[PDB]
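These notes concern the structure reproduced below.
The first residue in the sequence is number 1, and the count goes up from there. Both ligands and their constituent atoms are indexed starting at 1 by order of listing. The basis for the numbers below is simple: all heavy atoms, side chains too, and nothing from hydrogens, waters or symmetry mates. When the header is checked for method, it gives X-ray crystallography, 1.8 Å.
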Amino acid sequence: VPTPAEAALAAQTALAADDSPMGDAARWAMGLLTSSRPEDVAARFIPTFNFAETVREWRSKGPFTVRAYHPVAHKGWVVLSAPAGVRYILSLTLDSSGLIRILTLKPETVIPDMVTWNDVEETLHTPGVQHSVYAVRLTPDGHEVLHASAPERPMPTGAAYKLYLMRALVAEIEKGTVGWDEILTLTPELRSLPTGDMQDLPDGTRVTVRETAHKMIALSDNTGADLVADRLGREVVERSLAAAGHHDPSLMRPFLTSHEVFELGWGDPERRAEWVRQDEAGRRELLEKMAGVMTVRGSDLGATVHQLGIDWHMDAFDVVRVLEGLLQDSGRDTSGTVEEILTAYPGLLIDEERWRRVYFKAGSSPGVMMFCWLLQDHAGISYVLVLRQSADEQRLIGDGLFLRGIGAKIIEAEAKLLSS
Ligand SMILES: O=C(O)[C@H]1/C(=C/CO)O[C@@H]2CC(=O)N21
Ligand SMILES: O=C(O)[C@H]1/C(=C/CO)O[C@@H]2CC(=O)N21
């Protein structure tokens, strides 16, 4: 088991040797912090990306020593020690060609090693935050509950809704009303905000249903999700919540697009008061009227709106059901297309000798964080873990490394917590 000096050395060597988009970006960002030029910056970041002042302030906190390095596809984390035992984390999020979309340097997110489920509960609890943890083993005859806190509580789940969108899509593929190689087309009206990269494509860009669905899940691409929802139609997306496991489908009807959550949640306050006042008919009518090119920008987001219904609400059982349904859908798809999409991005570095397959999905919105995994071993034993937080203030939740890291520690301690 690596001692402190061993782990920091291994992290440092791995960062230097990491021949990948994350390795390239992580090494470059570390150089900004440890060395002594607007063109080289602009070339490292997304085209639509103050920063000089940001970097100056970062550098004032050093010198930094690399203590841990956690590359995970387009997401990365570097744990740094500064003078006097003070630790920070550098977080990277990349686009599809390895340009930096998000780069932060923040106080360290501390997650202790978990021995018991009570460790989990006591670590996670935050006054003013509602949380829920649900862990099950799936069996032919129902689910064995390993741990449960508030699974029956419906909570906002952000892009976890894209699990239902995926199931709706597979349902239509099986019916032959849509094809994996059918072409979807990006239009101004169909463009949404990040998470994702597809919004950065030119108007009129032609993309397959397959690659759109891949990015919708793997990159949580909001524009990719909105492209699929547009192609399927809202009625088809909705008329599948009942089939695909949902305790109260009325909570997601109308089943909002990401464009719609963004535009309604952070646009015109009167239009938002109209939603709150309206019944299902008036809300469908409001959304039809709102249809068009977004006016809301990422800079407008902040206040929480999930408490108004402007999010996607589900209970922990619903999340287990849709993941279990996806497992089944994947198994029926002899082409492996569904499986490849579901497994591309497991959200963590996974022990592949232990786990044959891992599905993952996150959701986040102001005041909302969630992570869920389905992990199946090589004997075919499946576990699902569902972690959720909601609050009236986004600062009580933070950037989601906490909740993800809790999952990470649970999964690390699987022989204690999951498979004991
Ligand atoms: O895909 C991920 O891992 C992203 C995400 C996407 C949800 O929009 O939300 C959580 C917060 C974060 O960085 N995670
Ligand atoms: O393996 C872990 O402990 C956690 C972590 C914690 C940050 O120090 O970073 C990686 C991403 C994640 O959830 N893992």
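Drug identified at ligand 1: clavulanic acid.
Against clavulanic acid (ligand 1), the chain with more heavy-atom contacts than any other is given by the PDB entry as ORF12.
The residue-level binding site of clavulanic acid (ligand 1) (heavy-atom cut-off 4.0 Å) is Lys75, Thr195, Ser220, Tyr345, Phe360, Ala362, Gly363, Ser364, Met369, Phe371, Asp399, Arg404. The protein heavy atom nearest to atom 1 (O) of clavulanic acid (ligand 1) is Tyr345 CE2, 3.7 Å.
Scanning the protein heavy atoms around atom 5 (C) of clavulanic acid (ligand 1), the nearest turns out to be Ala362 CB, 3.6 Å.
Protein heavy atom at the shortest distance from atom 8 (O) of clavulanic acid (ligand 1) is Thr195 OG1, 3.1 Å. Looking at atom 11 (C) of clavulanic acid (ligand 1), its nearest protein heavy atom turns out to be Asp399 O, 3.7 Å. Residue, atom and distance of the protein heavy atom nearest to atom 13 (O) of clavulanic acid (ligand 1) are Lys75 NZ, 2.8 Å. Looking from atom 12 (C) of clavulanic acid (ligand 1) to the surrounding protein, the closest heavy atom is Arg404 NH2, 3.5 Å.
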